[PDB]
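So, a structure with GC376 (bound form) in it.
Chains: lettered A, B, ... by order of sequence lines. We number chain A the way the PDB entry does; in order, the residues shown are 4-301. All chain B residue numbers match the PDB entry; in order, they span 4-301. Order of listing sets the numbers, starting from 1, for every ligand and every atom in it. Determination method: X-ray crystallography, 2.3 Å.
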Number of protein chains: 2
Amino acid sequence: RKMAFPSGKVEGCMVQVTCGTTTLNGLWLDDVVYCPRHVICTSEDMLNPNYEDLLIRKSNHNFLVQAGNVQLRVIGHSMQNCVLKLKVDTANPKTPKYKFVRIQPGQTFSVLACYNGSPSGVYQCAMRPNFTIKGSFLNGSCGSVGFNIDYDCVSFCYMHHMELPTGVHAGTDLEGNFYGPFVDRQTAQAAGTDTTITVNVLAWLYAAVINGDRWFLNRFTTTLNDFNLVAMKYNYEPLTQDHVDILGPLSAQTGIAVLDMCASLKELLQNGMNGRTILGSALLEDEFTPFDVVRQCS
Amino acid sequence: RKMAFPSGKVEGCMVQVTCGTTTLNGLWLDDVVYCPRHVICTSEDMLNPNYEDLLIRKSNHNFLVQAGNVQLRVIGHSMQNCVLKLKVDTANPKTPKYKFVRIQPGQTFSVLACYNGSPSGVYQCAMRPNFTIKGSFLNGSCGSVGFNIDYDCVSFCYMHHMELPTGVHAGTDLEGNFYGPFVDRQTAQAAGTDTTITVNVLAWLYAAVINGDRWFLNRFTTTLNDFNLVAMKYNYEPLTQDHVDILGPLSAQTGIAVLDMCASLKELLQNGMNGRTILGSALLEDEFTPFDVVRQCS
Ligand SMILES: *[C@H](O)[C@H](C[C@@H]1CCNC1=O)NC(=O)[C@H](CC(C)C)NC(=O)OCc1ccccc1
Ligand SMILES: *[C@H](O)[C@H](C[C@@H]1CCNC1=O)NC(=O)[C@H](CC(C)C)NC(=O)OCc1ccccc1
């Protein structure tokens, strides 16, 4: 099963930010509210916004932050890359222990989709090699965050800004820097040709070996270099050698060093599953980290 | 995408319940903790328990409940079918507006998987027509619950007790009545042959149209009864008029009559998918309801 982190600690940080006509969501940690900076744009400064001068003309009194129907007072505003920061006069007493990280393509996280500051639902998604995510997001959803958890700490890794022509989504880390070559302005922009997350496909074959039925399992072996070619053709990312021993635990538990493994991914890009399905998916699955496999078998 | 309801309201009601060697999760609402009654069994008892034998042989102090760090004093106990009800001297201040509901086959709910009283993950499930669910659950997971939300109100519908031999799962409503012909005994049980949830498959074909994927549309048309005849043969639940009604929503926003979308699915069942995906998959997905489709497309 694809599984999301429990969302309570992030729900307790979600607020509604309105500036003029635009409402979106804010992230309220301590006495600071983070939200996408295009909240300060009207329907039409959005096509080529000069954010610096948009923001000049805004003052604290132009921002309506609400936790429920309770207004939080804005007492300062600043722009950091593509996110806005609003100092409010109340520290969120729900503030989890947390930090801001910038994730890598292939890494997974959980999205807490919200609308008008109220959580709608939660889902697990991955950062594609072309820096999009395959999410469900509608209008008013910008400012929603992705996150991971480690014990008590919430690691905020994504904030939402944009849908792309092809239906996928684009956003920034919590310091406002976009993932990939995207800009927060309403223009057609390059999706970018995507690839399969090789390390996660191997994580998930391992899960097959663990949780039982390894029918895919075949009796042939390879090394690193040829492995790249015929699948690089079905468009698979370079497995390095340091994806390698994040796959170390799963190799040690199954007994299988990385490459009998490769050579059965061969045959699944060499003559399909033969109509068969591994663990619940009639296709190869590439949105499970090795850590995702260990967590869930753990 | 499969989207679970946000989980914070349930997370604040989850506690650990211990009785001797046996530990699992409980649901802490007002001044009552509910958990699976096989918490009272030893490894050996669970072979063939007479739960009323076992329960008359215990007093309050044999139950240890913990809410994070803090122990809750059990001051009463009580059994309602397959769930135990433990009264405690404190009311859970995080108790939401809630309800207890028994759901029908085909309905969905989100599951908050917990271990030792602590949330670990959240995902969606359907009640199969055979009254099992295709979960992800290990030892210590019992007591985790399934629920839906409805504005402010968490309606609990599932409590977890068991993995059948085939890897699927079985449990009770929160009054403790099993979904299906199972019992809280550790003895091998079979679930009975599953069917496919038809009304949901149509809801996912509609979902697919909305998201640009329309190769499967035909322009044949069919009777409700003609459709159920063919469907039957492929082990699809009857499609009721109610189900037709329920689909009406999605039938407006796409301009496809239910019955014509039946015609297309009927062609899908007589001829297979010949190598094509719908919404990415080589199988027809039946674990989205109408309501889960609207919710995530409005
Ligand atoms: C912010 O709430 C919103 C999120 C979008 C809207 C629907 N689904 C989403 O992901 N962002 C915008 O509406 C964005 C504002 C600009 C200042 C970046 N405009 C936008 O998303 O245009 C790109 C697009 C291309 C194709 C379809 C839909 C949107
Ligand atoms: C409750 O904590 C536990 C959850 C099972 C354990 C593995 N995955 C689950 O969902 N329930 C039981 O152990 C249950 C006990 C009642 C029948 C008294 N028996 C059961 O689920 O099947 C036994 C089993 C044990 C270990 C692995 C797989 C199945």
ask   = For GC376 (bound form, ligand 2), which chain wins on contact count (greatest number of heavy-atom pairs under 4.5 Å), named per the PDB entry?
value = 3C-like proteinase
inquiry  = Quick one: other chains with a heavy atom closer than 4.0 Å to GC376 (bound form, ligand 2), which letters?
reply    = B
Numbered atoms and elements of GC376 (bound form, ligand 2) in range of B/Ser144, under 4.0 angstrom, heavy atoms = 2 (O), 4 (C), 10 (O)
query = Considering only heavy atoms, which of B/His164, B/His163, B/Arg40 lies nearest to atom 11 (N) of GC376 (bound form, ligand 2)?
reply = B/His164
request  = Report the nearest protein non-hydrogen atom to atom 13 (O) of GC376 (bound form, ligand 2): residue, atom name, distance rounded to 0.1 Å.
outcome  = B/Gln189 OE1, 3.8 Å
query = Which part of B/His41 is near GC376 (bound form, ligand 2), with near meaning a heavy atom under 4.0 Å away: side chain, backbone, both or neither?
reply = side chain
query = Residue and atom of the covalent bond to GC376 (bound form, ligand 2), if one is modeled?
reply = B/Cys145 SG
request  = Return the nearest UniProt active-site residue in chain B to GC376 (bound form, ligand 2) plus the heavy-atom distance rounded to 1 Å.
outcome  = B/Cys145, 2 Å
message = Within GC376 (bound form, ligand 2), which atoms have a heavy atom of B/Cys145 less than 4.0 Å away?
response = 1 (C), 2 (O), 3 (C), 4 (C), 11 (N)
ask   = Can you find an N/O atom of B/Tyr54 closer than 3.5 Å to an N/O atom of GC376 (bound form, ligand 2)?
value = no
query = Between B/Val186 and GC376 (bound form, ligand 2), does any nitrogen or oxygen pair lie at a separation below 3.5 Å?
reply = no
query = Any idea which atoms of GC376 (bound form, ligand 2) are less than 4.0 Å away from a heavy-atom of B/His172?
reply = 10 (O)
task = Give a yes/no verdict on whether any heavy atom in B/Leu27 is under 4.0 Å from an atom of GC376 (bound form, ligand 2).
result = no
request  = Tell me which protein heavy atom sits closest to atom 22 (O) of GC376 (bound form, ligand 2), plus the residue, atom name and distance to 0.1 Å.
outcome  = B/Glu166 O, 3.3 Å
request  = Write down the UniProt domain of chain B that holds the majority of residues in contact with GC376 (bound form, ligand 2).
outcome  = Peptidase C30
task = Answer side chain, backbone, both or neither: which part of B/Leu167 comes under 4.0 Å from GC376 (bound form, ligand 2), heavy atoms only.
result = neither
Structural part of B/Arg188 in contact with GC376 (bound form, ligand 2), heavy atom criterion under 4.0 angstrom = backbone
key: Identity and separation of the nearest protein heavy atom to atom 6 (C) of GC376 (bound form, ligand 2)   = B/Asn142 OD1, 3.6 Å
ask   = For GC376 (bound form, ligand 2), which residues in other chains have any heavy atom nearer than 4.0 Å?
value = B/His41, B/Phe140, B/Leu141, B/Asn142, B/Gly143, B/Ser144, B/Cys145, B/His163, B/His164, B/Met165, B/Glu166, B/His172, B/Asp187, B/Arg188, B/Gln189
